[PDB]
Student: 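Before I ask anything, here is the structure I am working with.
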Amino acid sequence: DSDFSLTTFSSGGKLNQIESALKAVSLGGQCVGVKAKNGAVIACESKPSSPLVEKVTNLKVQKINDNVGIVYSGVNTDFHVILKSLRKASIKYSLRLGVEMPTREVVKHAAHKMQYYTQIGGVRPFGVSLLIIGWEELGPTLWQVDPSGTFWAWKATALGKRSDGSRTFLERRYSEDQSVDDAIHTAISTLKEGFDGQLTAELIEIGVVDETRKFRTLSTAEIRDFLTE
Amino acid sequence: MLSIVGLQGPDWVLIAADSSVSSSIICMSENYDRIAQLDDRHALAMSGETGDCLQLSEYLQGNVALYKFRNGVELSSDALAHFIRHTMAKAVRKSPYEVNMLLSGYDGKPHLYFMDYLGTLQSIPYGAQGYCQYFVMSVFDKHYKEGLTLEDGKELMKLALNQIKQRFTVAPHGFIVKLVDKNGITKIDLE
Amino acid sequence: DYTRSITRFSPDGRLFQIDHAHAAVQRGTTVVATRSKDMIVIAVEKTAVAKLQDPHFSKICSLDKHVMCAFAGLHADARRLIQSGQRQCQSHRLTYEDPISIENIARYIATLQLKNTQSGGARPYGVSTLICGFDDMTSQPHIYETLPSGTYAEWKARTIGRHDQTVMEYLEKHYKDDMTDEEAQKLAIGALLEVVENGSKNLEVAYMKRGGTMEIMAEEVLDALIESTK
Amino acid sequence: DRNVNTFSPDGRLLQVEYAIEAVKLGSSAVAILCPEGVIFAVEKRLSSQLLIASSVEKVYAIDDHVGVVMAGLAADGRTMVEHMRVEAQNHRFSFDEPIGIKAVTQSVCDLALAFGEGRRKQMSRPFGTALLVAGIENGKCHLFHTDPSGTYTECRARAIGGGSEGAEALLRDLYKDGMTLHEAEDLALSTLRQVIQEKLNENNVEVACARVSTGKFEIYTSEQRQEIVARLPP
Amino acid sequence: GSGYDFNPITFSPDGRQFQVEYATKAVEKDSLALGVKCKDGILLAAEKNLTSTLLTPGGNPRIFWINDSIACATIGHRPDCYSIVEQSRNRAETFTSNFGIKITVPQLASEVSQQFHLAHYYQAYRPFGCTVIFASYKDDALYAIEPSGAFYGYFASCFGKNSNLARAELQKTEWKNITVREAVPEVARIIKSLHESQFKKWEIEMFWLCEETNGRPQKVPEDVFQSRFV
Amino acid sequence: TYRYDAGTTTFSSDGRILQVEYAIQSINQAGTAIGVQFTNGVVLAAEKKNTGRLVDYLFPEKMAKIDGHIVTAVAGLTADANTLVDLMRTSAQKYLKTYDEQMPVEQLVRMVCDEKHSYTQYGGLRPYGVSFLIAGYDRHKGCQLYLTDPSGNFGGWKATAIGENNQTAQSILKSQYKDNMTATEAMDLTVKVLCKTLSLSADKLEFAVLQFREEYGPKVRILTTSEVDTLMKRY
Amino acid sequence: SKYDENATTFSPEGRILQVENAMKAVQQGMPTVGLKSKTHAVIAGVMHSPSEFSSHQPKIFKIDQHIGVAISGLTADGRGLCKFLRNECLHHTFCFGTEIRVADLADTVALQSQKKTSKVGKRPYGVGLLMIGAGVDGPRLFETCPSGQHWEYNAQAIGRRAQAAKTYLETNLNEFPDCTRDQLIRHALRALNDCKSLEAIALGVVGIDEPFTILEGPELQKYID
Amino acid sequence: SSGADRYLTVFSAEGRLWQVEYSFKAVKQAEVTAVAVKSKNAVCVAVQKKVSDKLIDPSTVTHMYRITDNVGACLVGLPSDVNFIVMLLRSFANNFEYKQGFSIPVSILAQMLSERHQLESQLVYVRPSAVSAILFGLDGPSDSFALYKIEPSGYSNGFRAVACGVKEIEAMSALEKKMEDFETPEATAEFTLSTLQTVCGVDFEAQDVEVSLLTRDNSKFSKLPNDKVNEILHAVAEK
Amino acid sequence: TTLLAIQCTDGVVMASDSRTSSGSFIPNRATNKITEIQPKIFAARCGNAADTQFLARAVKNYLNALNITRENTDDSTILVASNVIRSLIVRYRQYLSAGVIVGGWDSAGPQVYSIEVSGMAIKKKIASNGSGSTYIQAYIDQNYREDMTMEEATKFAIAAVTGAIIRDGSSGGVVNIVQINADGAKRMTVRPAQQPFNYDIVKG
Ligand SMILES: *C(=O)[C@]1([C@@H](O)[C@@H]2C=CCCC2)NC(=O)[C@@H]2CCO[C@@]21C
């Protein structure tokens with residue numbers, strides 16, 4: 001019987017397992033998200049285990065539905081499980097309601113699942129923080145979902161390796177009036193800031209929601225086109 | 001096919017029910033109180049098998065008391081009516097309660113609800129479950145006036161029950177009539 | 001499901017979890033249940049911020065039209081006990097059509113607490129309950145005290161919660177064998193006042209008359225009785 | 001250790017021994033068997049005079065013929081006597097006869113040691129109550145003793161509770177196989193009075209007889225308890 | 001040393017499964033049982049160091065029937081040994097129910113190693129402190145499952161105390177070149193050479209699955225080889 | 001087993017569930033949430049946990065709607081708050097389906113507190129480290145404001161606070177709270193108490209105003225960022 | 001000591017210390033003796049009397065017509081095992097219509113005890129059973145252990161002071177196969193007498209044709225000599 | 001509840017799943033190295049077959065398993081965990097073929113194994129299965145070869161060339177420093193065996209290595225008989 | 001439906017018709033009633049089409065399950081396929097009106113098992129099933145020889161299934177032949193033009 005909760009409040013009201021999962025996020029690979037006026041962007045420094053890895057097989061930037069996309073930082077497998085659950089929730093939402101699950105609905109479902117795993121017994125919290133981009137009625141939206149299941153809404157943020165420096169960089173070099181191309185440039189520059197050595201289009205994955213309100217992963221050609229400029 | 005008849009007035013509800021309980025061809029009792037006082041404010045006339053009516057009445061009365069005790073508030077007549085409707089809607093699909101009811105309640109306003117085993121809930125000025133409706137609805141239509149006095153209401157309910165007695169082949173040997181008003185549910189005799 | 005046998009025996013033979021539930025009770029507000037030939041009275045002291053909260057959250061509850069119930073201890077464990085007791089009163093009506101015996105419902109509450117002491121993965125109720133009421137099947141008012149251990153005992157006048165020993169001493173001293181209803185009211189009120197330095201604005205007093213429901217004492221009659229006792 | 005169903009290096013169930021200790025912390029109770037009947041004399045601990053003595057009844061009538069007195073945790077004993085009552089009525093229903101004293105004793109004992117922890121959904125700890133089960137079966141009074149370990153033994157005389165060891169020592173040279181029910185009541189009340197810390201009184205004692213002549217387990221009224229306490233040598 | 005040895009599913013910082021290693025220690029404590037594949041059949045011989053002279057001669061089996069074609073030598077924790085024997089019988093019966101044919105020692109060993117592995121893979125289970133050598137002539141298979149759940153087919157398997165020396169001695173013979181009846185003296189000599197002097201009374205529980213047995217498991221008859229020794 | 005169990009549903013030597021006390025401490029480390037009852041409504045205010053130059057204050061974080069007549073401010077773990085808000089919404093809509101009536105505020109508070117208590121008494125799971133200021137209206141008891149705890153204990157409050165400097169906010173309310181106040185007066189009171197206890201950027205604050213009108217009924221409006229900014233700039 | 005946590009925990013030496021504690025709990029039971037002749041099997045034991053005026057707790061139990069078990073250890077666990085064994089005999093007399101073999105009962109009880117020792121949250125039965133059966137398998141004696149194993153014996157002693165009984169059985173081991181029912185019962189009673197610290201000794205005797213029967217107190221007087 | 005971060009699969013104060021890393025070291029405990037190379041025309045997986053005692057029937061000492069006819073799996077790790085993973089990958093494949101109606105792709109099988117290893121790394125009552133899995137085969141929908149590695153963490157990737165076992169770091173380094181777009185299946189096999197031999201630092205014989213060379217011709221999984229393995233080894237000993 | 005599996009000396013010839021019938025309507029006129037369970041194990045299907053296709057897919061699942069714990073995947077596979085067909089039919093006898101002749105080649109050689117709609121599995125050298133098999137029972141008895149090779153049995157099975165196609169309305173279309181030897185399975189389709197007989201055999 002392991003039905004007891006391994007995530008429990010400490011003497012001071014600090015969920016030690018939540019902080020541990022957040023530390024796992026902090027050592028899970030830097031991923032940036034930038035909310036532009038006419039869209040949002042989520043990129044990540046997806047440096048493979050080796051040059052022999054095939055990138056497409058473990059893309060960190062993924063589709064949840066036609067309108068919503070997700071990047072993560074943390075345990076890759078936890079992200080894959082949450083991604084399968086979010087895609088299943090989106091297709092269920094489409095079955096019940098005929099439309100792709102809204103961006104904030106996707107974020108709230110991811111948050112609910114993560115909170116569930118922070119409360120039920122026999123499990124650990126998901127060691128990933130998710131940057132989910134998608135369009136709501138009032139415009140594009142970027143959402144951080146932490147292992148605790150608490151979800152921020154951000155104009156821009158990084159939440160992976162050296163994410164404090166990258167968040168200071170975003171605080172210093174972000175403006176709302178940025179377009180989707182400007183947002184992609186900002187995300188790439190943030191990744192460059194927090195990455196050792198020259199950044200390459202191979203080593204980062206970018207997924208954008210634009211005026212079309214549809215999430216699309218930029219091919220390596222497009223990412224290189226952005227990097228060259 | 002038991003005759004329960006409800007008549008809603010401006011500030012009262014006269015709920016009458018067949019007082020003759022039966023087993024097969026035998027009239028076991030001539031004063032069986034088919035009207036269930038779920039609350040001090042609500043009397044639920046029930047037409048159906050005596051066992052189904054008794055069990056449903058006890059369940060509803062227990063749930064009303066449990067709502068009154070769990071929360072320091074009594075159910076309204078609309079809230080109770082829709083709770084009964086929810087119970088019947090659950091039952092019909094799975095384990096149906098074969099009871100057609102008239103819920104008469106006074107919670108500061110008179111209320112009379114036509115409820116059936118399926119779960120059709122309708123606030124009515126007057127109504128009946130059983131075959132008696134086929135005999136009493138017209139008399140109500142013919143003789144009901146808005147603002148009817150309680151004495152005129154008793155006269156009209158007496159007329160409806162007399163029509164049940166005279167024209168319905170299975171004439172109930174008697175009726176139990178209850179006045180549901182600001183003073184609660186009081187059993188009355190219409191003569 | 002989770003079954004960690006929260007309640008286990010200690011080497012000295014004590015259920016430490018029951019001791020801790022009793023401690024939780026003893027940090028609860030004082031309750032004083034007294035009885036007369038025909039009327040029972042319950043007086044719970046209330047700690048509250050009079051200028052910023054509603055005093056309508058009562059420790060005294062009505063399990064049924066004949067079963068009155070007060071508690072000392074965790075308000076949530078008490079809410080669960082009261083909810084289950086009300087469900088049981090209505091289920092006893094469903095199964096028997098007779099009002100549940102005060103001994104029966106007190107036994108049920110004590111058995112709920114006991115099952116929490118016996119069920120794995122279940123925390124003993126940190127609540128001691130005063131199940132009072134009237135039985136027509138016995139023609140006797142009853143006041144049972146169910147403990148977190150799951151033991152229930154009928155009392156002529158019992159108190160629970162904080163200051164329970166002082167109020168018990170007051171009850172023992174000022175108890176009459178054949179009190180009138182107003183004498184029971186005076187005993188309960190004075191016993192609660194012995195530890196409370198405030199009048200009607202603090203105390204909460206309810207009562208149940210023979211063949212009657214639970215009536216909460218007004219803030220005018222309660223104050224009059226408080227002054228009369230003093 | 002740290003789990004309820006753990007064996008000490010001495011080969012003892014630690015929770016079982018601790019429940020035995022809990023029984024040793026309970027009120028005293030002396031069961032004296034004699035050919036006329038089995039007599040329970042039980043210390044009713046009254047923390048106050050306001051405590052209704054009849055409500056802290058340590059004696060429970062399992063059936064018309066069989067009864068039980070508890071020592072230890074009154075709530076665990078309530079569970080045990082509830083199980084015994086259900087078993088006695090089920091036996092009457094299934095076999096049209098009173099349940100044997102040994103049979104109901106064995107049933108409650110089987111219930112006693114069914115405690116467990118660590119498995120998905122049962123009681124979580126042994127009953128902290130020892131019962132003195134006694135009753136009339138086939139025109140004979142049978143007295144049995146159940147302890148938290150789940151073992152039951154037929155007894156001519158037994159003691160459970162705080163004074164259990166001292167009561168047994170006093171019963172050593174005081175109990176005989178041919179005593180009359182009068183003498184059995186006298187011995188039970190004397191042993192209890194000796195092993196309690198308060199003067200014996202009809203209100204702080206509970207006496208009950210599984211009487212062969214009546215074939216029934218009755219609980220004595222205040223008048224009968226006075227009729228016994230009056231005869232005692234003190 | 002460190003705390004990684006209490007939970008079976010816990011991995012030591014060196015990747016060691018300490019509970020599995022202790023189950024293997026339990027296997028190594030037990031008297032050696034071995035199996036050899038031979039021309040005419042497979043011979044399973046279990047050394048039984050009789051703790052008491054009162055033990056039934058020829059009783060307390062270590063070789064067990066699993067199927068009308070499969071026998072099972074057992075080493076280690078005898079409770080776990082017979083638990084795995086009965087689980088192998090149940091797995092063979094379930095295999096017949098699902099597929100109609102009789103199970104083979106390779107896939108029987110896989111199915112039982114599944115339970116072996118589940119023991120130390122999911123919490124709430126104890127790793128089986130037993131090594132089970134499944135032999136079947138009709139499958140020409142001698143698969144030994146270890147406490148971890150690692151199962152290998154052997155030409156000559158052996159586990160228990162002095163198992164390394166027993167395997168070294170089994171290595172000296174090309175067992176498939178000879179039949180079971182001439183393998184019995186060789187294996188008996190091996191175990192007698194490795195038999196420890198401290199155990200005065202003991203037995204060699206030999207079984208064989210051969211053409212002479214029509215592929216059915218059968219204890220080596222006493223006339224062929226008196227299993228009992230002093 | 002149970003070596004690494006925290007005894008979440010176990011009592012302490014003092015008699016208090018240490019996981020509920022740690023949850024209460026976690027709430028005391030969370031953004032202040034204040035509720036104030038006025039004549040025909042209740043104003044809830046809260047401090048957002050996520051407050052940065054980059055954080056996009058798109059939707060309420062500490063404020064949630066349970067039904068057309070019930071809104072909740074929360075102090076503590078926002079994730080547990082979202083879970084219990086989903087449960088409260090489902091319970092209120094269940095009561096509406098069953099009775100065709102809006103769920104009484106005290107019964108929804110009792111439902112969320114039964115959930116939170118069940119997590120403190122059964123299942124060995126972590127308690128809900130959230131304190132709800134459940135404002136709402138029901139015909140039975142008018143407009144009400146309830147303060148829930150991780151223990152599952154709730155109490156009606158004329159005005160109360162939770163979170164960081166909850167005692168300071170409670171003292172300020174006690175010194176300043178009046179009865180039968182207007183919506184504007186109560187909202188200004190909440191602004192004053194927040195400003196004293198809590199920086200102070202309008203976008204860092206959330207406001208919701210339950211208001212019962214005999215004509216429209218019980219209407220819950222969680223003030224938008226523009227409304228919160230306009231309301232705070234007036235102090 | 002530190003590994004004596006659960007029946008599921010192996011000590012670094014391969015020992016289940018909780019299993020060993022249950023085995024000791026069996027070794028703390030009253031002296032139990034079992035014997036086996038070619039025609040009859042016997043289980044005897046000095047029943048325990050917790051108090052002077054308490055009766056001796058029954059120790060010999062009749063599982064089936066030709067099967068009986070003598071418990072040593074927690075008598076409540078012994079009764080639970082007796083219930084399980086009687087259910088197994090009733091499901092073998094239901095499925096097959098004949099009496100189960102005591103060897104099969106030993107297998108089943110060993111399996112149950114092992115499942116108690118292999119899954120967490122369960123304790124090994126604190127009772128060891130001397131089971132004697134008679135049937136197509138002949139008379140057979142099995143000492144079932146808490147660990148989940150049964151040892152077949154021609155004779156055996158368990159519980160307290162069982163070394164003297166074991167020594168007696170070893171001395172007379174070769175006599176038992178030809179010993180008659182009366183002589184096997186006499187050997188049982190004279191192996192228990194060496195353990196004496198009769199009305200305490202209860203003895204269940206079974207034969208290939210004789211159904212299992214329990215003799216206690218004066219009924220055994222004829223077998224003392 | 002503190003202290004479970006090292007004994008159970010929950011994050012430590014530094015945010016690491018210590019049990020996962022220890023399952024990686026348990027994979028290292030297999031005393032065996034696997035090297036898989038994928039080319040446009042074939043995928044060759046060679047894993048050293050170290051039989052400690054020759055009393056063991058070598059045909060049972062296998063780290064290469066038939067999940068499906070098209071999908072093979074070279075599993076390096078604890079032998080019990082390896083057998084559990086062969087039975088769990090075969091169960092995945094059968095369930096997938098029963099539902100979707102076609103043989104499971106290597107990518108989907110890798111995803112399912114990663115999901116299982118994530119349930120192991122999250123469910124604290126489940127041990128992380130200490131098996132580094134090299135799944136390989138010819139995917140029909142793309143008619144191209146797939147080569148995935150799933151680590152005990154569940155970290156699954158597609159590889160042009162991958163390695164597992166004791167020399168995983170050195171083998172991967174040699175692979176990346178010498179990977180080529182080979183034009184023949186036998187050049188892929190030669191590179192596979194040469195890298196494995198070099199990193200293991202010992203000369204190989206067919207007895208000492210299991211090699212499966214799935215070509216466009218022989219797409220179905222099968223461990224190469226000793227003849228072909230010896231031929232490839234001689235080709236690797238040429239230069 | 002006409003099913004005719006012949007266990008030859010050198011293989012198994014599974015002949016079938018290609019006519020799925022919904023009353024007097026033929027929804028599918030080119031039906032593959034012989035399903036490839038494994039490369040050398042095929043299941044000729046008669047009775048309810050849905051039940052037989054479920055049976056084929058479930059037996060594929062069961063035979064893959066047989067291979068979860070074993071490496072001799074081509075051992076006793078046909079017998080196990082027949083056993084699982086039989087256990088699914090008896091388990092679902094109320095809901096599955098399916099008869100299956102499973103034939104092929106495995107380690108045991110060529111095999112042909114006829115599991116009836118009742119769920120009776122019989123290893124048969126010559127097995128036939130379906131409505132059309134009735135019309136050709138005597139023809140088979142007169143023209144079937146135990147010593148027929150896979151080519152002789154293929155010709156005879158084409159002739160018999162063609163006769164059944166001619167005389168049965170439920171049986172028609174092309175003669176789906178499957179020839180399973182040790183090397184593998186060869187599918188053939190005998191179209192009505194290439195069928196040895198025609199409707200003209202009726203009335204001479
Ligand atoms: C044949 O059995 C038949 C076909 O539908 C057949 C079913 C199994 C394989 C696919 C096609 N089943 C039927 O229900 C009709 C009536 C008799 O033969 C059929 C054509």
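Chain A is the first sequence line, chain B the second, and so forth, proteins listed ahead of strands; every chain is numbered from 1. Indexing begins at 1, ligand by ligand and atom by atom, following the structure's order. The structure shown is a partial extract from the entry, and contact counts are restricted to the extract. Atoms considered below: every heavy atom in the structure, side chains included; atoms not considered: hydrogens, waters and symmetry mates.
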Student: Would you mind finding the main macromolecule in contact with ligand 1 and telling me what it's called in the PDB entry?
Tutor: Proteasome subunit beta
Student: How do PDB records name the drug found at ligand 1?
Tutor: salinosporamide A (bound form)
Student: Which chain letters come up when looking for other chains with a heavy atom under 4.0 Å from salinosporamide A (bound form)?
Tutor: I
Student: What organism is given for chain I in the entry?
Tutor: Trichomonas vaginalis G3
Student: Let's see, which residue and atom does the structure show joined to salinosporamide A (bound form) via a covalent bond, if any?
Tutor: I/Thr1 OG1
Student: Which residues from the surrounding chains have any heavy atom less than 4.0 Å away from salinosporamide A (bound form)?
Tutor: I/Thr1, I/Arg19, I/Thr20, I/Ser21, I/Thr31, I/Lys33, I/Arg45, I/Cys46, I/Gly47, I/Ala49, I/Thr52, I/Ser131, I/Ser170
